[PDB]
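For reference, the structure is listed below as structure tokens.
In this chain, numbering begins with 1 at the start of the sequence shown. We count ligands from 1, going down the list as the structure has it; atoms in each ligand are counted the same way.
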Amino acid sequence: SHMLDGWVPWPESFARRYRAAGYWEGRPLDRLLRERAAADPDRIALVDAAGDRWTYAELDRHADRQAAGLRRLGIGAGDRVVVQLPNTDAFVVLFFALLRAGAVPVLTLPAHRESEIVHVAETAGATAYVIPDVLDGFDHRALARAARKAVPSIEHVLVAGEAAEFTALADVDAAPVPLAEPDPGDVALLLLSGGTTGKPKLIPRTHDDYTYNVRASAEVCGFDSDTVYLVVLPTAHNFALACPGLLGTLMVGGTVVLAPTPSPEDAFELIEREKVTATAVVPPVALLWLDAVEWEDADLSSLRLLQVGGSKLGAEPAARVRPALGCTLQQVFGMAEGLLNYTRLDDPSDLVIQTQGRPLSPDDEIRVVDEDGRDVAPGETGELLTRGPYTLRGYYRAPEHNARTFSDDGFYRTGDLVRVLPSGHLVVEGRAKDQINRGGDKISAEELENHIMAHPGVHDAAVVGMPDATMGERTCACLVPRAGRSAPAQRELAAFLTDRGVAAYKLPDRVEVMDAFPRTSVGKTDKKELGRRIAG
Ligand SMILES: Nc1ncnc2c1ncn2[C@@H]1O[C@H](COP(=O)(O)O)[C@@H](O)[C@H]1O
Ligand SMILES: O=C(O)c1ccccc1O
């Protein structure tokens, strides 16, 4: 019996093995804060960008008070709550408050707009939505009004800021009350993945598997009480939340420092001010920092570990991390779906430079298969399939996609092309899935194509990635105009998509108009050949 329907538990035989091996320790996710605050109440747990500071005991207490306030609003056992918050202390307190109230956080990113927010709120049956007031020039309260009109289940809107007609998140506060613990085998939170289909996909992560994700990651990355971790990616990004991220920092009793942006202006100042020892970035930010040290005078000497993931960091900039930034590079090839690959901190520099790591868990199982589904010869390139103690067995409430995406024996088809080396380290070679990786941001081609085809000048759309030296990939929208109509150019299409509620990282970089798309002999649109026609 599980508190949530719509997800796919592990087979009992696997669950027994993972419990027996010590992976699944049977503790709710919120206990990592409860346990740390009991052992080290007066250690500094959290610093925000302004320099305000909270101890473990203060964070634990505030989470209890906000959990009690949430229950007063009717937000509790099993309710899904969409969270869209910046890198501020509000998110950290609310994350644990929701867990302790029994609610299931549905984590979205500040960039997400009406299309993504409405879909995930509709899918999850969310009863509440948590937003800032204004962030990076955008009034999320307007977006909350749109989401409520489209999703009747949303009863409460909690605002980190000026609440307007809604509820101020700060007022969600009450005297702590005894709350029952959740079953550790139940879903603790839902993550978002760009995915490959027409709608974003939600990833259920259980208390046991996410705690293991956090704990094992902290071990591999040498996180402990003298770690000062800078949250540069969004707090809701799996990489910065749990790999080991802020949760791993709190679990071991280090200090979490929240960066408001990844710019050197903000990040370098915080690294010097707070003596940051570890952080995690995507390659475009790594390149920016590697450049910026040549004209910034910040003292970054405290930095010991720079994790780089989300897309493949090239060997040439990888080699520059130690000379330029004075720290150890760790390549991380991970996914919200589960499987994490890490270079080890004392790997030879050759493997840190040239590979994307090896799996976190001894019981991470990996297969590399050809087009016919057969295992490749050792060292050959094929598609990575994986199964393990923190990799999902299905997306949330997506049975049709699950039937296509997981093999019969439960292997998740990642859509990544990889080689496995004799040491077990992986090299990322490309992608099989129809999803563009734009500076770390994942763009489902099918979803974007459906949005674009809603434009009155478009009959058909095919979204193709184009290589980019610093972004990895950019997005080209190939358009067949509607009969007797002119297709839009890039700027009009961008405006149409933004008004439609499409996140800004999905706006096509380039538009190419054409009377027809190349097709295979099936005949699906041949995006291999579209890439060539784009290039001439
Ligand atoms: N170090 C890395 N190198 C290459 N690709 C990566 C890396 N880290 C993450 N990814 C990509 O990000 C995907 C996971 O993100 P998502 O599908 O949004 O959960 C992987 O399947 C890869 O395509
Ligand atoms: O989703 C990702 O891109 C990712 C990258 C590195 C580590 C964990 C992750 O979820």
Which of the following is located at ligand 2: salicylic acid, acivicin, theophylline, acetazolamide?
salicylic acid
Counting heavy-atom pairs within 4.5 Å, which chain has the most contacts with salicylic acid, and what does the PDB entry call it?
Salicylate-AMP ligase
Which of the salicylic acid atoms, numbered from 1, are nearer than 4.0 Å to a heavy atom of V332:
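Near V332, the atoms of salicylic acid are 6 (C), 7 (C).
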What is the closest protein heavy atom to atom 6 (C) of salicylic acid, and at what distance does it sit?
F239 CG, 3.5 Å
For atom 8 (C) of salicylic acid, closest protein heavy-atom neighbour:
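The closest heavy atom on the protein side is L340 CD2, 3.6 Å.
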Quick check: what organism does the entry name for chain A?
Streptomyces gandocaensis
Which salicylic acid atoms does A336 reach within 4.0 Å, using its non-hydrogen atoms?
1 (O), 10 (O)
Considering only non-hydrogen protein atoms, determine which one is nearest to atom 3 (O) of salicylic acid and report residue, atom name and distance to 0.1 Å.
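Checked against all protein heavy atoms, atom 3 (O) of salicylic acid sits closest to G310 CA, 3.6 Å.
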Closest approach of any protein heavy atom to atom 10 (O) of salicylic acid, naming residue and atom:
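Looking at atom 10 (O) of salicylic acid, the protein heavy atom closest to it is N238 ND2, 3.0 Å.
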Find the other ligands and ions that have an atom under 4.0 Å from salicylic acid.
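By number and name, ligand 1 (adenosine monophosphate).
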Say whether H237 and salicylic acid are in contact under the criterion: heavy-atom distance to a ligand atom below 4.0 Å.
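In this structure, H237 qualifies as a contact of salicylic acid - some heavy atom is under 4.0 Å.
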Which residues lie close to salicylic acid, i.e. with a heavy atom under 4.0 Å?
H237, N238, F239, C243, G310, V332, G334, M335, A336, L340, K442
